[PDB]
Asker: 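In this model we see (11R,12S)-mefloquine bound to Gap junction delta-2 protein.
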There are 12 protein chains.
Amino acid sequence: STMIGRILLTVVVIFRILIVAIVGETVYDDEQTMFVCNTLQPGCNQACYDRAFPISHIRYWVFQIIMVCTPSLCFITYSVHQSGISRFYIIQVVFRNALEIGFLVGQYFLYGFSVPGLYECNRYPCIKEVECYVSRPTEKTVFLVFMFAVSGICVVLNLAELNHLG
Amino acid sequence: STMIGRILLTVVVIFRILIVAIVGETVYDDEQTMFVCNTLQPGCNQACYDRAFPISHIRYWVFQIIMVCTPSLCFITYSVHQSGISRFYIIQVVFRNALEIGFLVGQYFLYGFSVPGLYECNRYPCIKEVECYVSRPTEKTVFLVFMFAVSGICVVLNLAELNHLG
Amino acid sequence: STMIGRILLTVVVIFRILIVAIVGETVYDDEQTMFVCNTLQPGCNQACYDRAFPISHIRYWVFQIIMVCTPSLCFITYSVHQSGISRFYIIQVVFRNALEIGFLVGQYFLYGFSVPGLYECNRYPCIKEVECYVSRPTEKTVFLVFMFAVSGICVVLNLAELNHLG
Amino acid sequence: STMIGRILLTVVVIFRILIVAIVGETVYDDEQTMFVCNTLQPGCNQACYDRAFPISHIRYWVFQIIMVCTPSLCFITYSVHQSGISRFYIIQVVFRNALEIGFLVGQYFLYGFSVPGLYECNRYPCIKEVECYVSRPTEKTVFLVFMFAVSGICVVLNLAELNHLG
Amino acid sequence: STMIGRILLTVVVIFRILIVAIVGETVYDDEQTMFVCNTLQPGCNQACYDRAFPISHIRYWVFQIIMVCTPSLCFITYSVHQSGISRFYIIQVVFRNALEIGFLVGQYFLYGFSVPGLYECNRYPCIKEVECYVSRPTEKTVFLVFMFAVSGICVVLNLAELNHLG
Amino acid sequence: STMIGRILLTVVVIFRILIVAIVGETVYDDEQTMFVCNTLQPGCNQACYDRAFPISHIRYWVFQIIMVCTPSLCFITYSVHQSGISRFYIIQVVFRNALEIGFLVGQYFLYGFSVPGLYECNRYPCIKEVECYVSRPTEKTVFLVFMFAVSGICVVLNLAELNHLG
Amino acid sequence: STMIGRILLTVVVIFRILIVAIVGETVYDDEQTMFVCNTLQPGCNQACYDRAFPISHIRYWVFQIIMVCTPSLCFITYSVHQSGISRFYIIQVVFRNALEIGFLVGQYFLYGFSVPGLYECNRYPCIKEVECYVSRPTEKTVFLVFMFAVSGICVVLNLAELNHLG
Amino acid sequence: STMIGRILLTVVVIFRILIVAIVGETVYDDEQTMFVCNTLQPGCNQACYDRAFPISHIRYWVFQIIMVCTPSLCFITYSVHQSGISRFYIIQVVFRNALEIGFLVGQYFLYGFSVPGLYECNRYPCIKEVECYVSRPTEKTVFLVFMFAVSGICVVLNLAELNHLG
Amino acid sequence: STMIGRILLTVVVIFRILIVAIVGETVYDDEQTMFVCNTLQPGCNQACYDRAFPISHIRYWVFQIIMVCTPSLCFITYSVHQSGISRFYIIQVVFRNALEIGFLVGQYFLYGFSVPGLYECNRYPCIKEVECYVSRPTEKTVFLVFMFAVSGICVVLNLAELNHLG
Amino acid sequence: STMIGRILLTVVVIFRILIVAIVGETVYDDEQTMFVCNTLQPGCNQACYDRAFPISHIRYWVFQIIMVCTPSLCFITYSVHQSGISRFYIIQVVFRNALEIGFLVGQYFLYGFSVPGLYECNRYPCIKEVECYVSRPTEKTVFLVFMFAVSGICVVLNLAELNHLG
Amino acid sequence: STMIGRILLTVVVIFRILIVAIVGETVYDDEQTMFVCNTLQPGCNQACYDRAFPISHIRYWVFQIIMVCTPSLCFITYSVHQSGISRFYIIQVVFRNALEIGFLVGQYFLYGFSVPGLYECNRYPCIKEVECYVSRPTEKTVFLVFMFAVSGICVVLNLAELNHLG
Amino acid sequence: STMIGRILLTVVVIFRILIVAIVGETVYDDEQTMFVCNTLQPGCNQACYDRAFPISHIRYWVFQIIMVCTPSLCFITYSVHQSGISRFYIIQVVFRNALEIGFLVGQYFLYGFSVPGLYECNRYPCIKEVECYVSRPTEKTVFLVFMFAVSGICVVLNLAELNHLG
Ligand SMILES: O[C@H](c1cc(C(F)(F)F)nc2c(C(F)(F)F)cccc12)[C@@H]1CCCCN1
Ligand SMILES: O[C@H](c1cc(C(F)(F)F)nc2c(C(F)(F)F)cccc12)[C@@H]1CCCCN1
């Protein structure tokens, strides 16, 4: 039961990395070039795009992927230098759990579960409130939901192993 | 008879991967930049493109290709860790069959068998119904048909081997 | 006499692959962006480009190159698994001959021997007949002729070897 | 206590390099193409962009990363040629400390801690003072703060080891 | 005297390949996008660009570089299969000489020694004669002269060795 | 004293190559697209850009870097074929010195020490004198000064070693 | 009672003529230049304007004013030539009554009682239905109502006099 | 005292007519052509102009001028036909008083005492509220105030004479 | 019976003159400014407008009106100079009849009975056949029919009087 | 001496009226259409034109001309009704003097003695200060000076006659 | 025979004046606004229009009409002052004949008998020869022919009377 | 001899007035709308037009015509009031002579004898010197020469009469 858990954790991690690396950089390529607002005021598109999308999804996901692999690198560097291992194993498992729960919660609080097609903006230099229009909202919603599901699976598996060792 | 089946399955898989990887990313590059509607309303092109092409073909095909190769990776990781194999062989064959039938059915239900040159749109902020025009419809239809044929071949071969073991 | 034939077949194949891979992808890059028609009708450029160039030359050539190398891959995979060879040699030679004659005939029937600078279009939504103008016709004609010559050489050589074994 | 310090220094360095190399080149790609000023004067955008952003952040960070790794390369080349080592160790540690403090101070003096959305320009050929608008200010502020934090960590660690040897 | 000739021939060949491969593809990138004619007629720019630059310099140089390295590949493939060598050496030297003289003569007859800044065009659909303007003529002239000089050196060296063996 | 000189020469050479290879190709990417002149005459921008920047800095630097590494390649090829060495060492040192002094002098005579923001042009088809505006002048001035400093260091070191052997 | 009726009929007629002659020609001056439709199709504005306003109000009113004054001119010309008068008086009164009732009914059937701000058009070459926008609708509605009121007064007065003579 | 009142009434009336007739038609000529709103929506300018200026000042003033001269025309036509006069004098004086008070009150209720430079509009097809800009507001305010003053003088004089007869 | 004929002829003539003089010059004012063709060719609008409307209706009608009043002017000038009259009366009646029949026939042969909304043009410099769109076709058709009716009435009356004298 | 004064006063008045009436309305016709500011802000041209030219010169001059002729009209109407004259003569002379001095002073205080070619504007919605450019400044300055000279002559003459009667 | 000649001369003169005065000013109104050349050079339209139409037809015709009526005015002024007449009659007849023959010859030499639709221009600043397109050529040709016919009639009549007196 | 001089003076004056009044106002109508300069600087067209044409020809001619008729008006007003005449005759003749010589000299000094097609401008805000292009230069030159000739004739005649009285 604990044998397969490691195999599936490794497979899930590699699957997530591959999905992010091969296709995600090209859904977001035209994010700002196809963003448009109904206005004649210079500079309003810049302010409204910046307010609607402060940090792009793909940047957040790359950062999370890199940060959740640091304890393994630390353990490897330690063992390489060696040339209390069990204490290091315990601590790195604890740290990985904490990091993955923090990142999932932050994703939920930053983005939610959908990307709408319209946005209402009231930032200077825009006069009163203006209406703006988003590029590719459905594909981005699908990507959001898929990433949340994968990260949930990973959280479940790591809690499984944590309780297995105890 | 069962000897050649493995060889042809491997050759078909590699052929499909090569065709998708080398040329497909450059037919779809201008999909939205050359999409145009007969209108003077800001934001109508975005909504109508999003409604006509919710998920691009190339994204779906990359996802399918990656997902149909996961049982092999699991089997490899298991055997590497080992350093009931036959039960694993049976189960992974079953899973591969199921995954490939599901993906073929989903392709048929999402896209059909042709890409038309005109599209009729009635989404806000467009006033009533508008007419829009697609880029490269014939090449995309050819690509659709070719991919369906290859996936059908793969389904047939996997059912062949499933019935061979029994 | 039969000794040099293999050497020249290998050299011709590699030469063709190199020419296609290094330069051909950048002659066709601006094919649709520099295509223009004399009209004020929205959507006419898309329809007329699609009717003039249904499948681009470079796509056809990549497909042909990949498909004419499949019998070798099959033979290699068979011999690797082995770890009636002569029957396989005979059959793969026959298949290669057939495939290369089919592809050369199809090229002639799809494209002919020249690319003209003007095109006359009568597809909806264009009103009556309109005149359109092509990008880089002379270079594309040179490329067409060169590829036909190379494929003819390959056909001759394979028939040579077929008659050598008999 | 001195054992883990080396491991964490190596991990911090690699983390910083990865973050800069994978994502940073694509936040700054549209820096000048989406810079706009409220004016009808030709040449004012060029002068005002040049005055607002004399050296781009990403250029400065690449230069710093390369320059802080030179003492290690020198030590490696020396030891390779050898085929007073401790004196070289002392000197290279001193030099690394000095270089990293200089670069952090220079960053603070060149850029500060935020990127504002508006800029006020009074350079020829602009008539009197004009108002200009920046692209992606929030993401760039986040990047600035993150890089300062990482470099501070590195400074602390190197002072730690310097005082450890004494 | 014959010892150094081989060394310098190899060095000249590698130098030419490096110069062509690293920088030449980016001088010609904007060749047609920055070509402009004084006219209001649709389609005149396409015809006049095609008449002024039938085959681009960089295509011709890549083709020549690849074609002048084929005898070496043939000799290598022959010797590999072997696992009258002197007759092959003689013949391949003769062929290389002929190929390089033909390519140099063709360059002179196709392009000459300079690229002018103005071009006079009288092709349909242009009305009478029109004036057009070229991008980056001085850099292209420098490149032309450099390539002619290198190819002349190579011709001299190969004739040297031909007369050395006799 | 002569021991460290080799180490620092190697380190300086590698540093220069890295700086040129990683960042320099992307400062100059928009050199002509953001060049603008105050005029309504077609073709004036092309002529004035060509007169202001006959050969781009990055082309000159790549050429110099490649040409100053040829004597080493010659020496390596000679020693490989061998499988009067000191005479070759002397001669290649002399040649490297000469080449580096020539390239530094040529840089000074071609470009000077700064890139101004305005340029005054009087070339046909421009009527009388017109005013044009440059992109990113400050960054290009910084790059110029840095490259001059590095090349000066290299000249000093090579003269050092020349006088060391005598 | 019959004495004042003539005075008020003359005053009403002159008032109507003055109102039409002095101001009405300048409300309708920009009728077609400020008519606009939401479309990119050439020729749609012409067809939709023609369908919305077949005959302009001011043309109809001028025609009516001229046609209702013809019996008086006939009577004057007859009396001038004379140099059964009562029969002519009776007949011209009858004719004036008939003409004014016909013109009022026709106005009601052609135009109604209001001018709306939006118009829905489905005429070739417009694709399906389009939305168009009118200039100065409120002023035109006020003018319509005023003219109907005046013509009603005139009808009442002429019936009064008709019944007075009997 | 009653002698001069008639003279000044006649002079005031003629002065008002002259001011309206000679200059007023050319202040309002560009009223709609120089009206502009900050928006990209087709048809918003028409709706907002119509809502801001339902009836133009000059139309109202022409109508008032014509309507306040009708009792005199009636009296003249009566006396001409005659070829109880005092009763007619009394009645026409009463009617003139009433008409002029009504028109002054209506002016105050329709327009007020100033024309502002900005207008806030919320009419379909405009999205939410938009800002629009008026042409020549100061001159129009001056004209408004002048006309109110003149009409007040006329009211005072007519009440004077009414109380004089009693 | 012959008494009223003169009265009605005079009334019809004056009515026709008034209708032409007051309103007709302002229906045709925008005839060429609102004429548009679907094309990108310079000069095609001029040629197609000239071919569709060689002589404008209003010019033809003014010419006809002036030419049908010349015999009266001749008779008046003769009688004024006098200060065989019946022979002059006969001849001028004959001439008026002939002139009016000729002008009516010419109108029918030049214009017909309707003005269509579309026109098909094949004149140089237009490429093949193009489609063009007319301004105000319905109003112009109404005007055509009205003018034909009036001229028919005049013809009938003049034949009446011709047969009356005999 | 007093005899000629009346003749010259009448001639000066008529000359001024003719100059204003025949040419002045066509210098000012394009006053706002050729007014332009260096800005991209919608509505700034309207505000800056309104602030630079609150009341146009030609309006002020027409008003002054009409107002300085009212005492004569009053005197004429009085004498016509008569069908103490000297008291009326005295009073009207006094009033004319006062009116002409007031109008000359007001002209000086409103406009000064020149019209500059540049104007500096700081009114909302313009951001900070902008530069604007005037149409036909020299002709307008000449007109200003001429009108001041004529009005001065008239003032002198009226004071002459005032002191003549005493 | 000589009696009717005067009557017809007077009628022809009045007819010509009426035709020129009522319609001719509105055929030529858009002469330069609808003149267009195929070029991108600023100022070419002005030069080519000026070279194609140095003096407009309508200016020449007005001048001729005014100049051919001067002898009558002279004779009238002489006879009015009188309050050798036959000598004046003779001389003015001679002068009128001469003036009308000169004007007809000049018309033929300036304009010919047709107005073509295309014009070929080679004036600075136009580069080489350009093609331009004329407005309303057919109507202008008709006008030309009509005016020549009328002037010929007048010449014939005046020679008739000259020979009548002798 | 002195009898005809008055007749010809009156005829010349009336001829000049008619030529100026009927046609001259419509040659100059588009003077500034068709004035264009080769530049991208806002405001340069205004400054250069103002510097090229400070006072338009037609304004100068109207002013001169009005000012040369003032002595006659003075003489008429004097004689009307009378209801030393010879002294007035002498003085007005002297004044007319002086005025006409002054105006002719001023014309020569202001305008010269031709209107060129090109103008060279160096006024702020134009950068250095720019080239501008004039509308209708040939017609304006013809008008200039004609007006000079007429004014010369008038000068000659007035000197004739001056010397006749003595
Ligand atoms: O990708 C382009 C390229 C590749 C290659 C190959 F893949 F064969 F090595 N060869 C190139 C050649 C060559 F002549 F075929 F070597 C010329 C120009 C660009 C080449 C260049 C290579 C250098 C870096 C810039 N792109
Ligand atoms: O209205 C313009 C005009 C009018 C008058 C006037 F009202 F005094 F008679 N004078 C004009 C003059 C004149 F020199 F003052 F006579 C010149 C040019 C145009 C004039 C011209 C007159 C002729 C027909 C075209 N408009």
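Naming: A, B, ... by sequence-line order, numbering from 1 per chain. Whatever order the structure lists ligands and atoms in, that order sets their numbers, starting from 1. Computed from heavy atoms alone, side chains included, the values below leave out hydrogens, waters and symmetry copies. The header says electron microscopy, 2.7 Å.
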Asker: Give the letters of all other chains with a heavy atom closer than 4.0 Å to (11R,12S)-mefloquine (ligand 2).
Answerer: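 The heavy-atom check gives J, L.
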Asker: List every atom of (11R,12S)-mefloquine (ligand 2) that sits less than 4.0 Å from any heavy atom of L:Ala21, numbering the atoms from 1 in the order shown and giving each element.
Answerer: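 In order of numbering, the contacting atoms are 17 (C), 18 (C), 19 (C), 21 (C), 22 (C), 23 (C), 24 (C), 25 (C), 26 (N).
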Asker: Tell me which transmembrane segments of chain L, by UniProt numbering from the N terminus, have non-hydrogen atoms under 4.0 Å from (11R,12S)-mefloquine (ligand 2).
Answerer: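 From the N terminus in UniProt order, heavy-atom contact shows up in 1, 2.
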Asker: Considering only non-hydrogen protein atoms, determine which one is nearest to atom 2 (C) of (11R,12S)-mefloquine (ligand 2) and report residue, atom name and distance to 0.1 Å.
Answerer: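 I find the closest protein heavy atom is L:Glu25 OE1, 3.5 Å.
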Asker: Mind telling me which species the deposit lists for chain L?
Answerer: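 Per the PDB entry, it is Homo sapiens.
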Asker: What protein heavy atom sits nearest atom 10 (N) of (11R,12S)-mefloquine (ligand 2), and how far off is it?
Answerer: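 For this ligand atom, the closest protein heavy atom is J:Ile22 CG2, 4.3 Å.
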Asker: I need the nearest protein heavy-atom contact for atom 14 (F) of (11R,12S)-mefloquine (ligand 2): residue, atom name and distance, please.
Answerer: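 Nearest protein contact, heavy atoms only, for atom 14 (F) of (11R,12S)-mefloquine (ligand 2) is L:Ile65 CG2, 3.9 Å.
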Asker: Just to confirm my output: which protein heavy-atom neighbour is closest to atom 16 (F) of (11R,12S)-mefloquine (ligand 2), and how far is it?
Answerer: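 The closest heavy atom on the protein side is L:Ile17 CG2, 4.2 Å.
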Asker: Listed by chain and number, which residues of other chains have a heavy atom closer than 4.0 Å to any atom of (11R,12S)-mefloquine (ligand 2)?
Answerer: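 At that heavy-atom cut-off, the residues are J:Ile22, L:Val20, L:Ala21, L:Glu25, L:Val62, L:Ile65.
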